[PDB]
> 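Okay, here's the structure I mentioned, the one with prochlorperazine.
Chain letters run A, B, ... following the sequence lines, proteins first and then strands; every chain starts at 1. Every number for a ligand or one of its atoms is a count from 1 in the order of the listing. Hydrogens, waters and symmetry mates play no part in the numbers below; they use all other heavy atoms, side chains included.
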Amino acid sequence: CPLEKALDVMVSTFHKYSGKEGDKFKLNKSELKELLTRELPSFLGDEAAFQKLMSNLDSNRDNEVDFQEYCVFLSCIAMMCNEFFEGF
Amino acid sequence: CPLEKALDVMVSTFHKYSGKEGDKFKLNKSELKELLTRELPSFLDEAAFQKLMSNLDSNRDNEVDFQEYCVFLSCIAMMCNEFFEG
Amino acid sequence: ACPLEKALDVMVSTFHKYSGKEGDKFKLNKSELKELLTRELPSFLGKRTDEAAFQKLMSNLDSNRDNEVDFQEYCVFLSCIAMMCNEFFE
Amino acid sequence: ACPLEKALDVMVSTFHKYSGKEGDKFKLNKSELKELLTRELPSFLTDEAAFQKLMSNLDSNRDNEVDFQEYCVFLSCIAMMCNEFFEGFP
Amino acid sequence: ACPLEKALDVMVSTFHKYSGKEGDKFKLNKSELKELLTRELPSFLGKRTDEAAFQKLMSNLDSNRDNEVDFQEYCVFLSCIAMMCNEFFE
Amino acid sequence: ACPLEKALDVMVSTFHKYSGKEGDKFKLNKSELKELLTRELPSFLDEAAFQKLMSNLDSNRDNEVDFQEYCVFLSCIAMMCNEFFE
Amino acid sequence: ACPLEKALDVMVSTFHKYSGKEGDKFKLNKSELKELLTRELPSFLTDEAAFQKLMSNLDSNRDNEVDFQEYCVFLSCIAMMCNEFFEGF
Amino acid sequence: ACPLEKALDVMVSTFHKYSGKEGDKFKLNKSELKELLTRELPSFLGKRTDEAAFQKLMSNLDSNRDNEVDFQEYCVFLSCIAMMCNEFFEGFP
Amino acid sequence: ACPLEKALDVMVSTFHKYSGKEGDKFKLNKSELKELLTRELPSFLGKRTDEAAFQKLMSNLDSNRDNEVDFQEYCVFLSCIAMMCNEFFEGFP
Amino acid sequence: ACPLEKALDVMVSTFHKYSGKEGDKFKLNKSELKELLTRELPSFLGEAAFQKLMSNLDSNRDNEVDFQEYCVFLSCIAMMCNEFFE
Ligand SMILES: CN1CCN(CCCN2c3ccccc3Sc3ccc(Cl)cc32)CC1
Ligand SMILES: CN1CCN(CCCN2c3ccccc3Sc3ccc(Cl)cc32)CC1
Ligand SMILES: CN1CCN(CCCN2c3ccccc3Sc3ccc(Cl)cc32)CC1
Ligand SMILES: CN1CCN(CCCN2c3ccccc3Sc3ccc(Cl)cc32)CC1
Ligand SMILES: CN1CCN(CCCN2c3ccccc3Sc3ccc(Cl)cc32)CC1
Ligand SMILES: CN1CCN(CCCN2c3ccccc3Sc3ccc(Cl)cc32)CC1
Ligand SMILES: CN1CCN(CCCN2c3ccccc3Sc3ccc(Cl)cc32)CC1
Ligand SMILES: CN1CCN(CCCN2c3ccccc3Sc3ccc(Cl)cc32)CC1
Ligand SMILES: CN1CCN(CCCN2c3ccccc3Sc3ccc(Cl)cc32)CC1
Ligand SMILES: CN1CCN(CCCN2c3ccccc3Sc3ccc(Cl)cc32)CC1
Ligand SMILES: CN1CCN(CCCN2c3ccccc3Sc3ccc(Cl)cc32)CC1
Ligand SMILES: CN1CCN(CCCN2c3ccccc3Sc3ccc(Cl)cc32)CC1
Ligand SMILES: [Ca+2]
Ligand SMILES: [Ca+2]
Ligand SMILES: [Ca+2]
Ligand SMILES: [Ca+2]
Ligand SMILES: [Ca+2]
Ligand SMILES: [Ca+2]
Ligand SMILES: [Ca+2]
Ligand SMILES: [Ca+2]
Ligand SMILES: [Ca+2]
Ligand SMILES: [Ca+2]
Ligand SMILES: [Ca+2]
Ligand SMILES: [Ca+2]
Ligand SMILES: [Ca+2]
Ligand SMILES: [Ca+2]
Ligand SMILES: [Ca+2]
Ligand SMILES: [Ca+2]
Ligand SMILES: [Ca+2]
Ligand SMILES: [Ca+2]
Ligand SMILES: [Ca+2]
């Protein structure tokens, strides 16, 4: 099931990076940087632009990205992709 | 990039089934049934289907649009995430 | 070991897989072009698009107006798709 | 699976893999062009003079770099070449 | 091609891959059990687990209290995990 | 990924692939157990011999094989394999 | 492992896959040759006359069939063509 | 799609992978020939063969005697190997 | 994992894939041997042999003359094939 | 494609991958045989036990293992495996 495996990849990827330092279940600036760089290179197409992104994702303003904020982020990307299918 | 491919699969799967009948960009009961059966067998009679169709269709237009589809997938991801909390 | 050279191969070979089916072996007629787009570029068209949208496409690609799509017209068409993809990166 | 749609992906992605290394992130300098040809199009390619002759041909707007549009023309040119094979070399 | 027969093979072979490293060749000491869980069952332990939780586990598996994990104890442990997984289906 | 984690997955999923076909969705009847053994464990495996096995596995004597009895069975096979290494 | 050794294997085996169908097991008749060209070398080649011209060219000992040797020459000849691409004319 | 077309491609490409390393870019010198044989045809050469056996081989393939193996001489060599392989199907009469 | 251990697996498993089809579950009758050779060793038989060449072979493999090929007779056969292969490595003397 | 023919290929090739290392290129000396067994048949091998094995295989007693003696050895392992099916 590509779809079930896709969910697996989404969930597992978060934890591959979140558990590196500090809170094991939350992405700090550094870990977020790794994940985006290694896992979503197409999206990231500089430190200031990173900060603007980190700010956007961290909606509860605790300086880190939890799984929930991570899902919202991925949905956002999905949202973009979907625009292609409706035919701009 | 597994993750970028994962997003691709999520978005593409929706349209593989939504465009079969009626509104090309929305899942009717029949299309949703196919997608769940063929694509999410681990998650899944007719009553339980109706309860699901009802839950996902938050704007109550009798069909599942992409946005409602995303919420549904987030929900599943949410459950998977619980496992990782030890 | 060369995705790009393989990609060119796929681009060139795909044309001839469909063009040589009927009529002129080196040109795509409305029917052959319909097959290629449907089977090979489903993301560009999408299902059951009304014959009118096909005609508008067929018209746009056939720049020398001979009612068929030759390899040169086919490349322009692919370039055009590439161009669109490139906007994503830009 | 769509070999053709993946082929287009490879064509566009390969450009950016090399163009974003130095300088203008959306254009290929002599150096980046040299990597791309060497690693991605070995079949097509070597002294520095032949490279210069090539860089010169590709850079039609004469800004010393190869933009995506110039790149597409280049790839089409290769495809053109390939196409001659299918027509028995007329 | 029998996934299930291969799966049984993997279960039996993985044990011996780690048990035969030191001491009793047919039993897992604290160190050998640490490797197996870290390398082979990362989802169960979650990376970099501290020493106390390890000890609590080593204690739970070693039902005959000989300070090591024999194949039989190992199977119970895997059954346990399988039980866990099974809950998801019901 | 992890051969061993995948191996547990296959063990658990295989059971359900056959248990949910008829009757109790979480138990293997004689018929379902026949399928699983035949298609999935051909090396291990005559109606009488089948009855003798069905009898051995069904330790709580409810005429079917639940997941717990299943794992004991697989453990038994593992046990056999282990003897080779010794 | 060894693409090249595998390539020699494919060359040799493919011949036999078709030669053994009818008549002499170790030679290609017009029909078996037509199959091999159509299914195995579609880029090289359909109308009858051009087939005859080919069968004529390959069958250098003129026994109406294509033996393995006459096959090797044919394949070498194709390789020669391909080589011209590298040998930048 | 076509094992046989791919086979010819590998045949032609492998030549050039080794011939363009040094000297004439379109011919195999003793050294390039030894690489190709060793890395691409290990079954033919077997292993740890003597500089003399190599010389005998280099000598056999270099029909026009210019001390290098060209594409044409290379085709003859592979045909030759092909011939041997063919004997197996012919049951080694 | 280990090509060689997997090879032995394939050798033993294949025998039983065909022997257990009819009659004695642990021996190969004319018919089951015909399937095995055709489906599993096509290179050895070549293509569509006459029934007579099959009989000559069945005869050769069945050393104990019980009209069937047991696992031991099977091994001898496979070793025989290996022997042949080995001649290739030994310069074909 | 043919597992069985590939299996014969592996059997024959493996021998020569080790025999041609030192001395007679077409025979296995004690050292070469040790390598082959260690690296290729780890499941079989439980200095003295090695000597007992070397002695058993070397039926013509020339202090090395030739291909024919190698086939006998492999057949022997096959016999062993066959007992399982029987
Ligand atoms: C076919 N085999 C593949 C694995 N599957 C496991 C089902 C649960 N599993 C999951 C559980 C714990 C952590 C991550 C995941 S990944 C996932 C994603 C979506 C769903 Cl509905 C279920 C899961 C199904 C059984
Ligand atoms: C390596 N090649 C892989 C394909 N890439 C496509 C980029 C756009 N694309 C997307 C667009 C429309 C529908 C589905 C998708 S799929 C996707 C997923 C994630 C992102 Cl950030 C972007 C996309 C470009 C890079
Ligand atoms: C490894 N082997 C792969 C095949 N190669 C073919 C060379 C020419 N070949 C081509 C010719 C005619 C039709 C399609 C193609 S496909 C292609 C794509 C790009 C280029 Cl530069 C050259 C080609 C040569 C190197
Ligand atoms: C099957 N999955 C593969 C990804 N697809 C994404 C659709 C757009 N996408 C594209 C966009 C941006 C950069 C590269 C590409 S690659 C491409 C090639 C051809 C077309 Cl018509 C569309 C695209 C469609 C869905
Ligand atoms: C299909 N190939 C797979 C391997 N088979 C060999 C039979 C024994 N083999 C086993 C023996 C010793 C250690 C681990 C295993 S693994 C296994 C699992 C289940 C069973 Cl019934 C039998 C085995 C049959 C042949
Ligand atoms: C990358 N993905 C691979 C699969 N991972 C398994 C996560 C939970 N999952 C499981 C859950 C429900 C049914 C079957 C299984 S299979 C399994 C085996 C062992 C363990 Cl500790 C956990 C599981 C999660 C990480
Ligand atoms: C890994 N294994 C692959 C197979 N090998 C077989 C050696 C002989 N074998 C051959 C014999 C009869 C028909 C086809 C072929 S295929 C081939 C190609 C090139 C050469 Cl030198 C030798 C052969 C030995 C090495
Ligand atoms: C599917 N795509 C694969 C690549 N194809 C290339 C066709 C020409 N090409 C060739 C040309 C120059 C060097 C090597 C080769 S490889 C080859 C082998 C046999 C033949 Cl008839 C033609 C060729 C076209 C069909
Ligand atoms: C004058 N001219 C016009 C276009 N042609 C020139 C080079 C073709 N040449 C090639 C050479 C040998 C065999 C097959 C090919 S087909 C090919 C494909 C791609 C490239 Cl970059 C170059 C080639 C053929 C004749
Ligand atoms: C270790 N080395 C020693 C030299 N040996 C060459 C003899 C094998 N012989 C053959 C004879 C003459 C020219 C080329 C070949 S290559 C070949 C391919 C297939 C077959 Cl069945 C038999 C052969 C190959 C094995
Ligand atoms: C498709 N291609 C696969 C390779 N084939 C080679 C046939 C001869 N070849 C052999 C000869 C010398 C050394 C190793 C081997 S490997 C082998 C195994 C079984 C048999 Cl009957 C024959 C062989 C021919 C058919
Ligand atoms: C990873 N897993 C691979 C399979 N392993 C099985 C061990 C015994 N197994 C065997 C047993 C019974 C019948 C056929 C076979 S197949 C085989 C071949 C050679 C040897 Cl030494 C051992 C075996 C155990 C290790
Ligand atoms: Ca962390
Ligand atoms: Ca936060
Ligand atoms: Ca619809
Ligand atoms: Ca709705
Ligand atoms: Ca046409
Ligand atoms: Ca036109
Ligand atoms: Ca640049
Ligand atoms: Ca420019
Ligand atoms: Ca231990
Ligand atoms: Ca214990
Ligand atoms: Ca029960
Ligand atoms: Ca014939
Ligand atoms: Ca002839
Ligand atoms: Ca050279
Ligand atoms: Ca020469
Ligand atoms: Ca039988
Ligand atoms: Ca017998
Ligand atoms: Ca030796
Ligand atoms: Ca001896």
> Which ligands, or which chains, stand for prochlorperazine?
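The answer, copies included, is ligands 1, 2, 3, 4, 5, 6, 7, 8, 9, 10, 11 and 12.
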> Which macromolecule is the chief neighbour of prochlorperazine (ligand 12) by contact count, per the PDB entry?
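The largest contact count goes to Protein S100-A4.
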> Taking 4.0 Å as the heavy-atom contact limit, which other chains touch prochlorperazine (ligand 12)?
E, F, I, J
> Wondering about overlap here: which UniProt-listed Ca(2+)-binding residues of chain J have a non-hydrogen atom under 4.0 Å from prochlorperazine (ligand 12)?
none
> Around prochlorperazine (ligand 12), which residues have heavy atoms within 4.0 Å?
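With non-hydrogen atoms counted, the site is E:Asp9, E:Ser13, F:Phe84, I:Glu5, I:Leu8, I:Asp9, J:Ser43, J:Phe44, J:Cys81, J:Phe84.
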